[PDB]
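Opening notes on zosuquidar bound to abcb1HM-EQ.
Reminder, nothing fancy here: chain letters follow the sequence lines and each chain counts from 1. Atoms within a ligand are numbered from 1 in the order they appear, just like the ligands themselves. Reckoned from all heavy atoms, side chains included, excluding hydrogens, waters and symmetry mates.
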Amino acid sequence: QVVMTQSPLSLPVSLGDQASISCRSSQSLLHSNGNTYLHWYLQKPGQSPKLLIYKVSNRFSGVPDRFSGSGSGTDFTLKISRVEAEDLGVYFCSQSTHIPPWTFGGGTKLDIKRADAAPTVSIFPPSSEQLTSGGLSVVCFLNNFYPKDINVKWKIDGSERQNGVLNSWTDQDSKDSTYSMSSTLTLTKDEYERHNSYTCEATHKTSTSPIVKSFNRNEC
Amino acid sequence: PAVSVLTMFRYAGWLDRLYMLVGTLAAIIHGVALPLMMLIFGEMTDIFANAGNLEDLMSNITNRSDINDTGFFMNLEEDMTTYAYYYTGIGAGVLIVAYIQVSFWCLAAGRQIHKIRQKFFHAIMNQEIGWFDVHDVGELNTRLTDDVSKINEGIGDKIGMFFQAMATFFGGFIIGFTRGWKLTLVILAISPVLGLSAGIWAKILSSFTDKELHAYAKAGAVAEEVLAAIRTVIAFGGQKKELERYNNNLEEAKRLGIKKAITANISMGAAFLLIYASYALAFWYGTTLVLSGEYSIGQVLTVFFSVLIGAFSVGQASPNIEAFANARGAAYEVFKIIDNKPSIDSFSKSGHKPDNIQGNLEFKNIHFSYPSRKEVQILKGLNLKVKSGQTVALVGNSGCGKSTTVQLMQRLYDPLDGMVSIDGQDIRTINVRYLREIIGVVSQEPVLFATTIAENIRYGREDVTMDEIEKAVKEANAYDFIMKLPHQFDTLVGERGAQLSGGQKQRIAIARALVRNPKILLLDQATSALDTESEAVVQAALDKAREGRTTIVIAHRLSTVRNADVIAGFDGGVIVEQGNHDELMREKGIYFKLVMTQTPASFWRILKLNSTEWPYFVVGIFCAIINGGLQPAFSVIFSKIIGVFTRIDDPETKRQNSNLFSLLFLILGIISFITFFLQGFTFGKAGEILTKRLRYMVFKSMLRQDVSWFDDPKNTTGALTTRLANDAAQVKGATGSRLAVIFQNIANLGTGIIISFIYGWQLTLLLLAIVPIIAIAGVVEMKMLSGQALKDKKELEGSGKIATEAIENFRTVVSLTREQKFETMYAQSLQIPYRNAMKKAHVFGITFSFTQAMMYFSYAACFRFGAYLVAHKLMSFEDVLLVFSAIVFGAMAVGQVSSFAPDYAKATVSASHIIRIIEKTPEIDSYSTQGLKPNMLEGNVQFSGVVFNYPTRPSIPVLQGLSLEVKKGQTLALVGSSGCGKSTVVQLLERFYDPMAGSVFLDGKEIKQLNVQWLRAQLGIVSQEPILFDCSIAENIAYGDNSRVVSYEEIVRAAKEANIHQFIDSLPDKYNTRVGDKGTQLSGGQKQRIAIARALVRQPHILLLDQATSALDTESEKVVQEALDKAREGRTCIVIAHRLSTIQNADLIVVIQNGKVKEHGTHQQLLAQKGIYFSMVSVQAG
Amino acid sequence: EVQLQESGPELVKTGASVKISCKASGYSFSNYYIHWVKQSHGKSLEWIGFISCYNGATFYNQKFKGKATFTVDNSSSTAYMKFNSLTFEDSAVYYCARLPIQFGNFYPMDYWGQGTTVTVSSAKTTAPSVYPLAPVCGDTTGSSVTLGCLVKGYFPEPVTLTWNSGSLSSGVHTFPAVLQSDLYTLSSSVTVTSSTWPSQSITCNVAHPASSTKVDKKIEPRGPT
Ligand SMILES: O[C@@H](COc1cccc2ncccc12)CN1CCN([C@@H]2c3ccccc3[C@@H]3[C@H](c4ccccc42)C3(F)F)CC1
Ligand SMILES: O[C@@H](COc1cccc2ncccc12)CN1CCN([C@@H]2c3ccccc3[C@@H]3[C@H](c4ccccc42)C3(F)F)CC1
Ligand SMILES: CC(C)CCC[C@@H](C)[C@H]1CC[C@H]2[C@@H]3CC=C4C[C@@H](O)CC[C@]4(C)[C@H]3CC[C@]12C
Ligand SMILES: CC(C)CCC[C@@H](C)[C@H]1CC[C@H]2[C@@H]3CC=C4C[C@@H](O)CC[C@]4(C)[C@H]3CC[C@]12C
Ligand SMILES: CC(C)CCC[C@@H](C)[C@H]1CC[C@H]2[C@@H]3CC=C4C[C@@H](O)CC[C@]4(C)[C@H]3CC[C@]12C
Ligand SMILES: CC(C)CCC[C@@H](C)[C@H]1CC[C@H]2[C@@H]3CC=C4C[C@@H](O)CC[C@]4(C)[C@H]3CC[C@]12C
Ligand SMILES: CC(C)CCC[C@@H](C)[C@H]1CC[C@H]2[C@@H]3CC=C4C[C@@H](O)CC[C@]4(C)[C@H]3CC[C@]12C
Ligand SMILES: CC(C)CCC[C@@H](C)[C@H]1CC[C@H]2[C@@H]3CC=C4C[C@@H](O)CC[C@]4(C)[C@H]3CC[C@]12C
Ligand SMILES: CC(C)CCC[C@@H](C)[C@H]1CC[C@H]2[C@@H]3CC=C4C[C@@H](O)CC[C@]4(C)[C@H]3CC[C@]12C
Ligand SMILES: *[C@@H]1O[C@H](CO)[C@@H](O)[C@H](O)[C@H]1NC(C)=O
């Protein structure tokens, strides 16, 4: 096992310039031959992973000439040149030349590089049908923010809670190129009738103070 | 001139057609064993190749158990065993299929030949004598022998092998198109040049054992000319011109042998160039494709090997259609003779059967001509009658009508017009067997069969008892000499038995005619060359036989014409004179003219014979070790180019290693071509130089030695022309070719066994235990390709001489109608080697099958033990493929090399014969220049008590103390009787022998101490029959004095003293008129005058005249006596004679008996003393 | 053209075994290996094992020995793994890819199958519970108002949620379904103008075609409750 570590987790690439991905090994991939094996695959969403760069310097027959490899030892690099809209997938780097664990890399998505923006946080109260059935489910929407760096946090009456919670982020828009997400707190009925101050925390990189939203239960 | 395909098999029954129909299917099923063997080999190399990749991936996991490297490899070990059963299946199912392939064609075409041979002889014997007059006899005998041998080889085994080669071709292309097709189309693009080169090499291979007597035959005619008459060559000093005449044509034969050797070895070398260049192309494209991940290595090996053996099988299927192409032409010559129907049909039995036959007859207007000599009609309009007992004789012109009616009586010919009728009954409506049963005849010259006495009487009738035979031989006046016989009637008599006299065979032939009990007895000239002391008793015997038969005697000794009843005379083919004796006396016609006129090997010595051409042998063996060492180079390159694929590597390392190894294939191909060409050329030149030089040296040392060496029957013209024609080209195959064989095989197997003990030894002990059987497989397959049928034909000679013995004297057999005895004599002598040939076919089929079966079981055992030995990691797969390829393909290569060269045992016995001929030296050395060499010109020859016996037999002392002195200038003659050897001292004057006691005193000097070339320089000889050459008459006449500067004018002078000069001027191209079988043929008197002119070119001091009788011209006697009388004046002559017209002008005639002069003196003295000369004049005066 | 393509997506229960196939088509099938790999939800691709694809000699990973077994079929040119002893952890997306055999380990996996997913379940079909979500009673100050409706507790995927059956496409942020307690949960929302709601009628139309359930809840403002 060479514990490979491809170490951008995302890459905010624009449309029409250069991109650069790492691929960092954990033991040097120089065989007794004078050759270094690690290959580079593009995986589109849904389809089959294709081959683009193999045997770090070479180039597979069929791929265009926008791609280029580099590096040796324990640090490697692919270089997109003047990226189009067609190269937006996830890129990873087999292999181990010390087989048979045959490790693979982590992956690196791409982006469309929007300007920065702020979320529009909204909390919705628990529904009356959920008040009839016997549970609490409070939902926080927050939409149209860039980039994907957020950590929502739930706090009830000034007291924290990190149990019984969900999170679901949508993917990249193709019309405005932004993100949105949701969190839902889920517990029983009788927990809901003990508190009033239900708060949320919007820890975004585009502000110092978190955007707090709240509502109080006992009035309506 | 050839027959259709459905006619050659017309003499086959149904068992023969069943044998051929099973042999064809066995040929096709044997055809597709080798492509299927290559298919299973490709599938096995694919199995071994796939397992190896997995070995290394596993190898890097260190904790892996031994049972792990068992499971992948266990699977490999288990799969191998099923393919071992596949190989044993193909081997044990090609054993019985090759046995049915060979044995069911030699049988089914030995049976047809054994039918056609006896049916052909029976068709020959049932032919007309008129048809037999046109055709030759030697042409017909050679037609029988060689034509039936060609029909035997044409359908014998060649067609089954043709079907096998075509089936291997079709199986190879079917496997090549259904396993993988792109590589098959690539190799099929170069298929036609591959098949063309293989066809040329196969034509070279099948025509290997061929003597090629067409280059030598000019010198062969020279040798069979000169060695047929050697006594003349020594006498006239003909040495240097004869050797030059031999030497030029021998140089031409050397040049033709040079060009044949260079062409044959470039035709072999181009095939191996194409083999290795095809290997390089197919592996370059095959590893362009297997590195693209399309085929595997199994499919590349399979389609490559199968398409290659397909192209080479249509290569080798060409001479097996050549032999069927010319057997179609030979069968026309046999079938046309066995197709014809005779018009008389002496075997047919349909005519009448008369009884109480007495011999009445009527010639009725017969008009007859020969069908051979068509342009002249000999007999016309004849009318002669006879009654019972009337002994008619006829005398007249020479040879015209004296024999035609004695032949027409047996119905040897039909009359073109007219109708002879016996007893008022037609001669052509009697059964011809019965017609020739009642008429006996005695021939002019009787020929006698080489059998016993009693068996020669048995040909008269096959129902006779020995009492009748004994009373007949006592009855025919023959018992006196035959009761002096060694044991009994089983006495061997013939030309190989007791050489009898003509009168004895004559009277036993009339005795055979008496055992026939004839009714119309015929006699034609029973006293051709018989002595007067025997003609009386044979005339007495035939006069005892004359009582009671219608006798016709036509002979010489015109005295029993008086006792004869009615005489007749020939006049232009119409006989018009008829009457008795005194009536013909008063007719005063031709009969008056008749009564007016008459009344240790030591192989280092065989190489020591070639100690001048070692700059050819050095480059020859240095080239042969290189050429016989590139089979292990092919093994190592094949093993590495396959073992590059049972290992894991990069794509580019695999690509460049495959490119390197294909390049090494092409380089090995060019090097193998160059080394085959030079090993061919240098040993070819160093063989032909020894053939030319050894033929010239054996001819010089054979011409030189004495006359007594030529007297033994083991030194004949035939035996010496064989040991001069056939033996230089069989000493050429024991000096160079043996060294080439030993050095090629020692490189080809020493390198293989040394590197195969280096790499893996536990396999090579097993393969070295198998190797002798597959080497023997190579040698017996190479025996099958050319030389199988050639041996058998030399064994059949018991019926080889019966047919030629009974076809020469065909007239004696047709007179006797005893053809059925000769046919059964042929039949049983043919019945024994037929059974011997069937046993040899049942041996050859099973040995040729078992060698192939061992050739496939070698694959089976080797790869099973190789898989076990691989699956414990102590040999790789490439090393098992190397060990197998070396120690199998090297064994097949040493088989083919050791059989491709000529034999050694026949070569070393031929070398011992030549080395024991060329170094022996006689006592009378004809090249000794030492001696006195005097200046003598008178020539007083003085004999004193010469005692001589021949070395061929010491049982008869022939000379007992002969003293004889010749005076200068006189013509001292010598005449004697039969058996006395009149020419012994005549030959002894030239020192053709040397007598034991006594000496010759040539002016007081012995011939022992002279110089022999001086003696031959002043001596001229006249022979009985002249010896004529294939040159001009200017050099045939100028032959009389060799080692001289003789010019045109002395030839003109010797033509003046010849009386052939204006006869030469009557001929066009006067001196240039070449004589021989390519020129004109002369009479006895003209060739005699040629001999006298030739001897008188020399102008010698002493002449020697040696003459014999039986000339037929008898008008040139006066002119040869006038040339002799031109020579009897100043040249001392020695004369023997048979015509006694020289006994008056001969000077000192001598009676010779008991090796002693009876009396000295002249003619009237020795005639008045009433000695033996009185007896010869009293015999020839009556 | 070289093309490997695979089976359909599974929806298997816990404990059963599943067979998934990779039908290699467009090349000479009897040389190349077939490598089976596994990708979890948002993790690195692990490697399970390969088959010899000529004689069926297999080699597994260390972690996956026993709870996988491969088999070939040379006639149909496919490859299978019959994945016994299922847990919850074996829900992933599984790929097949080929490696050449003459120069394996020194060549990349040049063509990959499209990959199809295995989903381990433990429950049965359950109806959804479509609740609407209102703006908060109290403050209503912004000129843009957000409307959402929650769908909780259903099984199994998918659910086609659409506001007004397809007449509203102005900010429908439909979110992926979330697994909890082996029961899925979806949510959705839209931002409309302040003058539209509640002056106009708007609603979503949840359809669950796996259980033929079609619910149409109209949202209501929170008044006294
Ligand atoms: O021995 C049999 C059986 O064949 C095999 C069977 C099983 C295994 C074998 N393994 C290796 C080799 C042959 C194997 C094959 N004869 C071997 C001998 N051929 C002979 C021959 C003779 C002298 C020198 C070279 C050759 C070779 C081919 C050839 C071409 C035209 C005419 C004749 C031949 C050639 F000129 F190129 C005929 C086929
Ligand atoms: O021994 C070798 C080399 O022969 C010699 C070497 C050195 C000296 C020699 N001197 C005289 C004669 C031959 C000599 C000959 N075998 C003869 C038998 N082959 C057979 C064979 C059989 C039938 C038809 C064609 C062939 C030819 C080659 C081949 C390829 C694969 C498998 C078998 C064979 C082929 F398909 F193209 C192998 C080589
Ligand atoms: C005992 C004797 C009489 C039996 C002879 C056995 C031989 C003729 C049999 C046994 C095994 C058979 C082989 C079985 C399988 C194959 C593979 C197939 O795709 C082509 C034919 C081929 C190669 C067969 C050829 C014929 C074969 C070799
Ligand atoms: C008798 C000889 C001189 C005729 C010429 C034959 C040879 C030289 C020619 C004929 C057909 C040719 C082949 C045809 C097809 C190709 C495909 C190409 O991508 C690789 C080379 C290759 C394999 C060629 C190699 C050369 C070739 C084999
Ligand atoms: C006459 C028949 C056999 C055709 C012979 C074709 C031979 C002479 C030619 C045709 C194509 C040639 C090959 C073309 C390319 C190269 C690459 C080089 O780096 C090694 C030699 C090699 C591999 C050649 C070997 C010789 C070759 C195979
Ligand atoms: C390592 C050592 C043992 C290898 C020696 C090779 C020897 C055993 C083999 C290789 C080729 C063989 C020769 C092949 C041909 C013949 C011709 C035959 O008419 C006499 C034997 C003879 C001459 C063989 C003698 C033994 C021989 C020379
Ligand atoms: C390592 C030692 C045992 C190797 C000895 C090799 C011996 C056993 C074998 C190998 C090759 C064999 C020879 C191969 C071929 C022939 C040609 C044949 O016409 C005569 C026998 C002869 C000459 C064989 C004699 C025995 C032989 C020489
Ligand atoms: C007299 C000696 C040379 C035997 C002659 C026949 C030999 C060559 C043949 C006939 C039967 C064949 C055997 C048939 C069966 C098998 C079983 C397999 O598991 C190993 C190979 C083996 C054993 C074969 C080896 C070769 C073999 C033994
Ligand atoms: C010439 C005679 C005396 C021997 C010929 C047979 C030899 C050559 C061959 C035929 C088949 C071969 C055997 C094939 C099968 C096996 C079984 C394996 O587990 C051990 C090796 C062994 C036993 C091989 C040994 C050698 C062998 C027996
Ligand atoms: C593998 O490792 C264990 C202990 O670490 C040891 O018992 C075992 O023998 C090893 N297997 C081999 C083949 O060495």
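One finds zosuquidar in this model at ligands 1 and 2. With heavy atoms closer than 4.0 Å, the chains neighbouring zosuquidar (ligand 1) read B. Entry annotation: chain B, source organism Homo sapiens.
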